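A look at one PDB structure holding oseltamivir carboxylate.
Convention: sequence-line order gives letters A, B, ...; per-chain numbering from 1. For the numbers below, each heavy atom of this structure counts, side chains included, while hydrogens, waters and symmetry mates do not. Method of determination (from the header): X-ray crystallography, 1.8 Å. In each ligand, atom 1 is the first atom listed, and ligand 1 is the first ligand listed.
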Number of protein chains: 4
Amino acid sequence: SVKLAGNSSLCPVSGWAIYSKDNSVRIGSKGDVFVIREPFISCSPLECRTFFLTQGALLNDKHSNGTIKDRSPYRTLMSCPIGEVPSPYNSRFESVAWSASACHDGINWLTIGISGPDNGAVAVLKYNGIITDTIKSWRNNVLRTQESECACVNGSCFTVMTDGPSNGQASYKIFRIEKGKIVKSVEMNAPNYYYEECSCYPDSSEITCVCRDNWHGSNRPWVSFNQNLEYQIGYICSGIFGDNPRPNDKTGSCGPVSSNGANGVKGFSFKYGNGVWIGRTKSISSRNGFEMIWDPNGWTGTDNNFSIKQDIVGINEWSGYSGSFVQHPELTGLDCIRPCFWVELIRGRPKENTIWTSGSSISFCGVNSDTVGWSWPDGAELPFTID
Amino acid sequence: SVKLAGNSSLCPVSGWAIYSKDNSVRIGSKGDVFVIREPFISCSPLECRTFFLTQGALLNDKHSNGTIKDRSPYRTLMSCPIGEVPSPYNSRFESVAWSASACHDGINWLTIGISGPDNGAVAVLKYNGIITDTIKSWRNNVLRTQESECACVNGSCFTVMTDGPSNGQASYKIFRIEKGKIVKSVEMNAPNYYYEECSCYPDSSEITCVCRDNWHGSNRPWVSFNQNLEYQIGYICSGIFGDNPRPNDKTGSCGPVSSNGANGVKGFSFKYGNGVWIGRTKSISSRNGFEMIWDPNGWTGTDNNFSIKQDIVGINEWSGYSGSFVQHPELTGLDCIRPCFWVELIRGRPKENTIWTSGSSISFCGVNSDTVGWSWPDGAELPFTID
Amino acid sequence: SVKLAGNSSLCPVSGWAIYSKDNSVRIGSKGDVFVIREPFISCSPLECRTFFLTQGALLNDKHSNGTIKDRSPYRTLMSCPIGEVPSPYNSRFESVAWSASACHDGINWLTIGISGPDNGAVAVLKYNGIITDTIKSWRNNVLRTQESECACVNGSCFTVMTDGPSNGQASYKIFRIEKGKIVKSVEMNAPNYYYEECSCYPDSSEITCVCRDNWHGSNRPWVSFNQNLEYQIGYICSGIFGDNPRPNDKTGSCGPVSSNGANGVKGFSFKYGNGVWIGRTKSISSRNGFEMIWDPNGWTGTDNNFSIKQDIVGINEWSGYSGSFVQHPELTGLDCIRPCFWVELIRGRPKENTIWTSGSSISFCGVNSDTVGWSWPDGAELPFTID
Amino acid sequence: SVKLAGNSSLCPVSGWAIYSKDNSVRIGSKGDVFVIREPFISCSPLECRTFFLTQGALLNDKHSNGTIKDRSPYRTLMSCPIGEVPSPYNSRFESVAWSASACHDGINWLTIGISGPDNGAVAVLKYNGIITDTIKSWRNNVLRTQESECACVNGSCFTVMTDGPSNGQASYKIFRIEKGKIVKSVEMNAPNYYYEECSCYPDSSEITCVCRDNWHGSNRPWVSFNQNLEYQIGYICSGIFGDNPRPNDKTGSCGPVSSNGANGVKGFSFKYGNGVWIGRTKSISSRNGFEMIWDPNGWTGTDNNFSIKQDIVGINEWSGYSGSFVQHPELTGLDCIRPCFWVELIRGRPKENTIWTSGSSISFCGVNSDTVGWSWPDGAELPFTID
Ligand SMILES: *[C@@H]1O[C@H](CO)[C@@H](O[C@@H]2O[C@H](CO)[C@@H](O[C@@H]3O[C@H](CO[C@H]4O[C@H](CO)[C@@H](O)[C@H](O)[C@@H]4O)[C@@H](O)[C@H](O[C@H]4O[C@H](CO)[C@@H](O)[C@H](O)[C@@H]4O)[C@@H]3O)[C@H](O)[C@H]2NC(C)=O)[C@H](O)[C@H]1NC(C)=O
Ligand SMILES: *[C@@H]1O[C@H](CO)[C@@H](O[C@H]2O[C@H](CO)[C@@H](O)[C@H](O)[C@H]2NC(C)=O)[C@H](O)[C@H]1NC(C)=O
Ligand SMILES: CCC(CC)O[C@@H]1C=C(C(=O)O)C[C@H](N)[C@H]1NC(C)=O
Ligand SMILES: CCC(CC)O[C@@H]1C=C(C(=O)O)C[C@H](N)[C@H]1NC(C)=O
Ligand SMILES: CCC(CC)O[C@@H]1C=C(C(=O)O)C[C@H](N)[C@H]1NC(C)=O
Ligand SMILES: CCC(CC)O[C@@H]1C=C(C(=O)O)C[C@H](N)[C@H]1NC(C)=O
Ligand SMILES: *[C@@H]1O[C@H](CO)[C@@H](O)[C@H](O)[C@H]1NC(C)=O
Ligand SMILES: *[C@@H]1O[C@H](CO)[C@@H](O)[C@H](O)[C@H]1NC(C)=O
Ligand SMILES: *[C@@H]1O[C@H](CO)[C@@H](O)[C@H](O)[C@H]1NC(C)=O
Ligand SMILES: *[C@@H]1O[C@H](CO)[C@@H](O)[C@H](O)[C@H]1NC(C)=O
Ligand SMILES: *[C@@H]1O[C@H](CO)[C@@H](O)[C@H](O)[C@H]1NC(C)=O
Ligand SMILES: *[C@@H]1O[C@H](CO)[C@@H](O)[C@H](O)[C@H]1NC(C)=O
Ligand SMILES: *[C@@H]1O[C@H](CO)[C@@H](O)[C@H](O)[C@H]1NC(C)=O
Ligand SMILES: *[C@@H]1O[C@H](CO)[C@@H](O)[C@H](O)[C@H]1NC(C)=O
Ligand SMILES: *[C@@H]1O[C@H](CO)[C@@H](O)[C@H](O)[C@H]1NC(C)=O
Ligand SMILES: [Ca+2]
Ligand SMILES: [Ca+2]
Ligand SMILES: [Ca+2]
Ligand SMILES: [Ca+2]
Ligand SMILES: [Ca+2]
Ligand SMILES: [Ca+2]
Ligand SMILES: [Ca+2]
Ligand SMILES: [Ca+2]
Ligand SMILES: [Ca+2]
Ligand code: NA
């Protein structure tokens, strides 16, 4: 058992091969499946797991009523093996949480679960399931974190948290965590930027995060930093705008794009020099479809020209959150950090006529062998009996 | 595999971080979850587990009827991982039981399960699941034990059992157990005191139990003892009365407080010199709400002043039993024994219009980092389909 | 990993302490629990498991119809941990079977599953889940075996099978099995005896079996043998008759007792010199109640006097099959082979008005510490929804 | 962990002993069991597993509707222990897949899952659950593979895939795979032959596959090859025709038998010099019944005489796909590779009045000890509540 090095570079990839699909909402029509949202995948050196925030309720049961609501004392962070439906009969309990992150350092799992009131929430940190630290709201306004895996390099794990309004300037902090203990934190000097729900990955011993600007950006903000949390900030320049909502593609910007910039969705991108692989919704106005786009100058260039598009979910199908996850050399035997991604397929409120909201997931891993575009949607037939 | 030392002091703590919530009643509306009461938590050097008394029945099925009744031949002690719902599909069988205790000495689990008739019940003790001893009622009036973890120091484990009436003087025995074999017991000389449902923990090689006076005490009795079962007795002196029911807070006593003293609820407290961390309901008359209070002179002083209160369950929400559990340094890597606690959130009879009674649970661990009060209640909407 | 020696003697016991209870029929009212009959318990050096023959159907579902029927191609031998309900979500598959045995030699499990036609059934033998032998019907008339654990001594396991009519002379064979291969078999010369559903245990390197005489005996037949299968035969002499049905107690006999001798129930007894611990039903006419009786001269003496009676199930409660199981020193750390027993609590047809028949279980281990009689019945309220 | 040698010969067998039956459809009347088809069994050096293609839906739920359809984005390759029902609570996720194969090389599991569109499907290969390679359709017409285990010899695993029309000449490729990487493939020169759904097994370091001619053969095509993918081709010569549909038995041919040759069913056979063990349906026109036949000159001789027949499923009962699996010496301790087989028992559409199609399974292993013919059918009573 050894710490993940995290010192190799990301594997360059040409396409995305399908890795998992859980069908949770379809199975939940009869089976005992948690109502969940905000799922994500994270791997150890031995396995990949899906983490998710339950609503303390099963699908097709009356307790799923009102699960559009984001924060309650019932919500818990749990995990199961990748591609299995999240059930009380296969799910490991992690934390009481309405916002979370998790990652494995090579030795044990770090989990971060935030609960408590909007005016004073507390992140509880656990290492191997023992509480090892806490951090409390410093702006008293919905302390919130990634909803995806943290990133680890040589025994240190890193995450981003946000505290403040969701329609204006907020405060953003970056953390270094070792064996579940916060050993350093810094508050970002980022005037006119906004960051939340960051998707962060390791790459050549450094951390890159691509986040959501809910304030006034239709492109995605990024922050990268080293083990000492010395950081750099920007927005993805590509005119292939990554957020949802967003305008139609056109010339981009290296700061925040204000057009359709308010609101957003969690997402990700991978940086390869001046190029970028963007995952995004296919619809500009709602969480519908999903596609991956390789723009070989999109990190720093502002044109809307790109070279590869691979379909993942069809434009008439419900999508949702998406996030990065990696497979390290210690897991794969490769000489590089493999990029993967998951997509959350949201069903129910607000877009459908149900009492509940819940998601399934799909996930894909980067390869340089042949791949194909298609649509792998949630597949459930709504409404359900309970509705 | 090594014996827990049990020789360090209790970790000093400033507040309580949420550790687990299982949502059992919410989930059992649809899923297959045991009807249970008398849950508790106990840890080995490798994991923590929820122990509970089943009713041999599942939520929202007809055999849930009558489960207000405490003692039957159908009740079984079973256990599942912390924060998971207790289900037939995830629960390990421990013992046939309508009163129980369990604790891990560092090598194997000890379990104590009392079944049989009210006039001659028998505790069956198991070590690693094998029957290693029995002990029979010696007063023929409902032999009963902790309903929370026993406590272990250097390969010996300790518990308390009571036999006799619940509305007057009863008999109270302390036991030293090694590899599931009773090696010593003493009957306590405790005239005008009453002990049941003790929450016992180790602290610097000695055991301290805080219990329930069902006879005539609205404050809690305590007994502390060494590995030779040489014991000291007393009641918590604080005017912050710990039992339910109780009077409003006023000047306390170091003997039993007779005002509102009859009846009770299982609870716990932690001694820190002359100070005390008290867990109690928020209502003085029913099992509603829960709070943690630090009273720096409350173990020995009778005033009703305290220095810290942390809300756990709101006053208008159902609560129930509570107990202590510890995390030893062999589990955590700390230099001290960490105090934690669980609360049972009882739903159904006698307070609600159901045919059944069952609980869910929440637990917290003591920390010195930032924490917050809130309410994490059961959350189920009663009555259910079967009612 | 080492072979069970099997060379110590049975632990003398003074009473029976309750070990497990599954509540399967109560739980199966809503949960996903197999319809089963013919359960039994068997232990390895690490754990005890319950084996059972499913009917390829779940309780309270339409496929449980007609499960009074003994033999079908749907019936399977499965196992789960002791005291858990048998569900498809916790159950290990063993063999396709309508009659069975299993036992662990210290290294691996042996399972014996008989299926196929009444006129040519085949026992399939498996070691560690691999098929290692078969034995086919030699009288073409329902080849059948113990429905309880086989017995192992020094790497050899032993069982008994029967082939022929159930209302007359049949044929009875004894088998020695090593690593799942039949290494010797003998046909018993036992004119005027009848043996089936033998409960067999090791004791001082030899096997004792106590069986069912369905032809013309209301006491139980026995056969004991060494590793070479050189055997002796007799019937339990005590006037405390062990079978069901049977007459009221009176002077017994050392050969078959013809009064109420046709028909029967699987059962067991333990021999301790000239004395016997007898488990039997409390009713003389039907499968109701259960009790254990220590008769200090009952193996070889014919009087109906006895020393100890311990109630297990009350006379107005349903019982059923019962069988021996042992815990070897390699499991317990004792210097003797510990005797235990289980009882099948049968519900449904033919005594109740249901479409199905299915059983739960209770089990007890022998101890020399204090015990108590009680009733631990099945507890389900019939009929069920499906009826 | 050591690589399976795969260099010994097939064990000679006189008959087939029943190994497993899962009763999936019967159990899924109430419990949470996947709608599935295309099951198959494959073994590591430590256990045997059932692999199957789910429909992303449970039996007796509305999302089972339309499951006659073969290919969708919801289908997933998943696995559970042999003989257990495939449930979301006991099944391991393998791959997104509407056509599949898997096999264990002695060190790790290889899985092959084809998803994507009919005009450009992609097989995703995983080794130990990590994506190790992909291969894309090369004729753009439903890339498809074995629906049974691939075959392994000294660290290399072999499979066959087909691409093109199912009512005419298509293209057939053989693959050598090492640690989940395709290291060699060849396209077969096979004019006038047709191969799909190959059942492949190792025998003396070489692979023999018996497949389905959906174009114009009522006998089965075979291809055998060495580790270099040097291959020989042929059809089974026996006038005991192996496909469904087929003619009644008459003189066979060593080329495709065109009488009733169109359409087909996945099946298997085992070669023993000039002889052959044939598994087939009992009906000549529909997937009903199953029997095993030993024809001592049937691999190369065209007569319709055989030496042994062993009933498996009766003629009036539903059957389906069948395939081979092996137990290598590293698992059994034998000196030869043991042949086994499974049969899928298909229920629902198109033959029955349901909204859904699903299968259960049975399997058998080859022995030289005594065996018996019988019928072990699915057993479920259709239609179901949902229909
Ligand atoms: C939760 O649990 C409670 C407590 O048990 C249930 O309340 C019981 O409900 C049952 C069923 O309704 C009651 O049992 C019934 O009693 C009837 C009347 O019994 C008395 O009066 C008759 C004369 O009419 C006398 O013959 C008899 O000796 C009694 O003095 C009976 O008529 C019913 O009998 C029928 O069913 C039985 C099954 O054994 C048949 O054998 C009979 O022939 C007959 O067909 C029946 O026994 C019982 O009294 C209630 N108990 C209490 C304490 O009130 C709740 O119903 C339950 N709730 C839910 C939701 O399940
Ligand atoms: C339920 O089982 C009954 C019997 O209890 C079924 O009736 C027939 O099939 C059985 C085969 O197992 C036999 O046991 C019966 O003797 C036989 N004939 C009868 C009762 O006349 C009956 O068809 C089944 N019920 C349902 C709902 O299908
Ligand atoms: C709290 C503001 C933030 C951005 C608007 O809300 C997020 C939006 C969500 C969304 O856009 O779907 C779902 C997240 N669960 C929620 N996070 C929390 C902590 O409640
Ligand atoms: C036996 C008397 C005792 C104190 C009143 O009853 C306890 C009270 C209970 C309670 O106050 O909720 C529930 C406990 N399950 C019960 N213990 C037993 C062994 O039945
Ligand atoms: C086969 C005759 C035998 C004795 C009457 O029947 C047994 C009786 C039974 C019984 O008396 O309850 C149940 C057993 N499952 C059955 N065994 C078999 C193989 O069917
Ligand atoms: C694609 C052609 C092929 C042969 C007709 O269809 C198969 C026939 C099937 C059948 O005959 O039952 C079911 C298989 N699931 C299907 N394979 C695929 C990949 O869909
Ligand atoms: C990465 O870290 C490993 C393990 O410590 C080290 O041996 C190696 O020199 C470093 N870099 C690369 C790119 O392999
Ligand atoms: C959902 O909650 C609303 C408002 O509290 C209520 O009207 C409705 O009955 C609920 N539906 C269900 C199925 O519980
Ligand atoms: C990794 O961390 C360890 C322990 O802090 C340290 O010894 C080592 O130098 C670090 N390696 C790098 C490349 O930073
Ligand atoms: C506690 O016990 C340990 C382990 O036996 C021993 O080595 C140590 O000296 C003791 N520590 C304290 C704080 O008393
Ligand atoms: C712990 O127990 C062992 C065995 O009884 C004993 O030798 C040792 O002295 C004990 N340690 C203490 C500190 O009591
Ligand atoms: C039992 O067998 C053990 C282990 O082989 C042996 O050491 C011992 O002598 C035997 N005991 C008796 C009483 O025969
Ligand atoms: C037990 O079996 C082994 C191996 O056959 C043999 O060597 C040994 O003598 C046997 N022991 C006894 C006590 O018979
Ligand atoms: C097969 O291979 C094994 C292991 O490599 C070797 O030892 C043996 O000689 C070979 N066996 C046969 C039957 O050829
Ligand atoms: C099944 O699917 C068909 C086609 O969409 C539809 O017409 C039918 O109503 C569905 N039936 C059920 C019972 O859901
Ligand atoms: Ca935005
Ligand atoms: Ca560009
Ligand atoms: Ca009191
Ligand atoms: Ca005070
Ligand atoms: Ca008899
Ligand atoms: Ca006597
Ligand atoms: Ca259910
Ligand atoms: Ca054909
Ligand atoms: Ca021939
Ligand atoms: Na009956």
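All instances of oseltamivir carboxylate are found at ligands 3, 4, 5 and 6. Here, the chain sharing the greatest number of close atom pairs with oseltamivir carboxylate (ligand 5) is referred to in the PDB entry as Neuraminidase. With heavy atoms closer than 4.0 Å, the chains neighbouring oseltamivir carboxylate (ligand 5) read C.
Residues contacting oseltamivir carboxylate (ligand 5) within 4.0 Å (heavy-atom distance) are C/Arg37, C/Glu38, C/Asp70, C/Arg71, C/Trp98, C/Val142, C/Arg144, C/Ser166, C/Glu196, C/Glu197, C/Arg212, C/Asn214, C/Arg287, C/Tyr321. The search for other ligands and ions under 4.0 Å from oseltamivir carboxylate (ligand 5) returns nothing. For atom 17 (N) of oseltamivir carboxylate (ligand 5), the closest non-hydrogen atom of the protein is C/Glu197 OE2, 4.3 Å. Counting protein heavy atoms only, atom 6 (O) of oseltamivir carboxylate (ligand 5) is closest to C/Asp70 OD2, 4.5 Å. The nearest protein atom to atom 11 (O) of oseltamivir carboxylate (ligand 5), hydrogens excluded, is given as C/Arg287 NH2, 2.8 Å; this is a heavy-atom distance. Protein heavy atom at the shortest distance from atom 18 (C) of oseltamivir carboxylate (ligand 5) is C/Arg71 NH1, 3.8 Å. The nearest protein atom to atom 13 (C) of oseltamivir carboxylate (ligand 5), hydrogens excluded, is given as C/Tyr321 OH, 3.1 Å; this is a heavy-atom distance.
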